[PDB]
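Snapshot of desidustat at Hypoxia-inducible factor 1-alpha inhibitor.
Here chain A follows the PDB entry, giving residues 11-349 in order. What's counted below: heavy atoms across the whole structure, side chains too, no hydrogens, waters or symmetry copies. Every number for a ligand or one of its atoms is a count from 1 in the order of the listing. So this one's X-ray crystallography, 2.2 Å, going by the header.
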Amino acid sequence: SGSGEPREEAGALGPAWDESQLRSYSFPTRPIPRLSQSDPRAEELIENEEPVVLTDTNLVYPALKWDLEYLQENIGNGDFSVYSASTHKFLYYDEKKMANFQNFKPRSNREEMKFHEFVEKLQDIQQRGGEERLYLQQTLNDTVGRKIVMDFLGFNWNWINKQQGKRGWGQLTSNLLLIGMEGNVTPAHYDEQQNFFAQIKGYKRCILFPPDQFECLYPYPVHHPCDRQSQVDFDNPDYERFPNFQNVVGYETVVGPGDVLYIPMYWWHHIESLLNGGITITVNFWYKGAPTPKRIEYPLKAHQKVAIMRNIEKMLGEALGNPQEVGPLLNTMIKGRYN
Ligand SMILES: O=C(O)CNC(=O)c1c(O)n(OCC2CC2)c2ccccc2c1=O
Ligand SMILES: [Zn+2]
């Protein structure tokens, strides 16, 4: 039990969720702390780059009223990236890297459309009873209607801007809106930026793994379109190819409306929209991490070693003139020499 006992909602409305809405996996977890932003422990966790769920930021307070109808009326007439998938797992592909690996075609199609088309496409699926799932993921721009601009202005910019200043982070790079169907799964991956994951509607089970568990999670090659994702099928883990997955230990939480999960830079995260929980809405805030310090302190952090491993794969990819020779060169380098 990583998320703990399901939290009770105000007004004696009882269980927000129950454990049968969670998917079953083979690894143990422990709870990410649920704290208040006023708690000095929450401050220590963020500076030390450990995950924390803040319960009372009011970061996206004006957005707590968002649903499909309100958004459809006010978000405007931009294009929204909608990812499709025949299964519940939404594996993403770097379309630019799809050239290096000709021997693969994607399984989660992206399709640009207008917001009203996505809403029509969604309740079509619920009435046809079909198995197809959709996931709208669109960076917020200024092509957005007046009432949503007002809501944006209503975010707690005082709090998050001071968090950016106190941690030495870079600038805010994007505000990703995510709207998803129940049961949708974003499979385990890590990002290179600091993330405040602000939950708006519905419930999302977030399972995180620290950077020192690189060896248990087996990311794709840097040049692979699925760069930064685990190769391990959490529903059917191949212990023969991925034996250290038997040693993986996660940090787990379930975020609901009003909650803000800090996902530290380089922390693995597996996110799922709770089964039979309806649609989920999230806004993400991405900050570039703080610049690498003056004097390098040893021993290195785990995330610096990941960054080192990424640079070696990149450097080899361009030195050899072909990303596909990285593998054989690296094996030639270690076989009988370092293993
Ligand atoms: O689904 C959830 O609740 C959590 N989603 C994520 O964590 C998530 C992510 O971090 N990235 O990388 C973006 C970084 C480059 C700026 C993606 C990229 C392409 C397509 C999908 C995603 C994605 O879903
Ligand atoms: Zn991510």
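In this structure, the ligands or chains belonging to desidustat are ligand 1. Counting heavy atoms within 4.0 Å, the binding site of desidustat comprises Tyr102, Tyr145, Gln147, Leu188, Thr196, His199, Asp201, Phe207, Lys214, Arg238, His279, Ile281, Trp296. Most residues of chain A that touch desidustat lie in the UniProt domain JmjC.
Shortest contact from atom 3 (O) of desidustat to any protein heavy atom: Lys214 NZ, 2.8 Å. With respect to atom 22 (C) of desidustat, the closest heavy atom belonging to the protein is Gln147 OE1, 3.7 Å. Measured by non-hydrogen atoms, the distance from desidustat falls under 4.0 Å for these UniProt Fe cation-binding residues of chain A: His199, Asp201, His279.
The protein non-hydrogen atom at the shortest distance from atom 9 (C) of desidustat is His199 NE2, 3.3 Å. The protein atom (non-hydrogen) at minimum distance from atom 15 (C) of desidustat is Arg238 NH2, 4.4 Å. Lab note - ligands/ions near desidustat (< 4.0 Å): ligand 2 (zinc ion).
Between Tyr93 and desidustat, a contact under 3.5 Å exists for no N or O pair.
The shortest N or O to N or O distance between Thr196 and desidustat is under 3.5 Å.
For desidustat, the atoms closer than 4.0 angstrom to any heavy atom of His279 are 7 (O). Using a 4.0 Å threshold on non-hydrogen atoms, atom 19 (C) of desidustat counts as touching the protein. In this structure, the protein non-hydrogen atom closest to atom 4 (C) of desidustat is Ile281 CG1, 3.6 Å. In chain A, UniProt 2-oxoglutarate-binding residues less than 4.0 Å from desidustat by heavy-atom distance: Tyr145, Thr196, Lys214.
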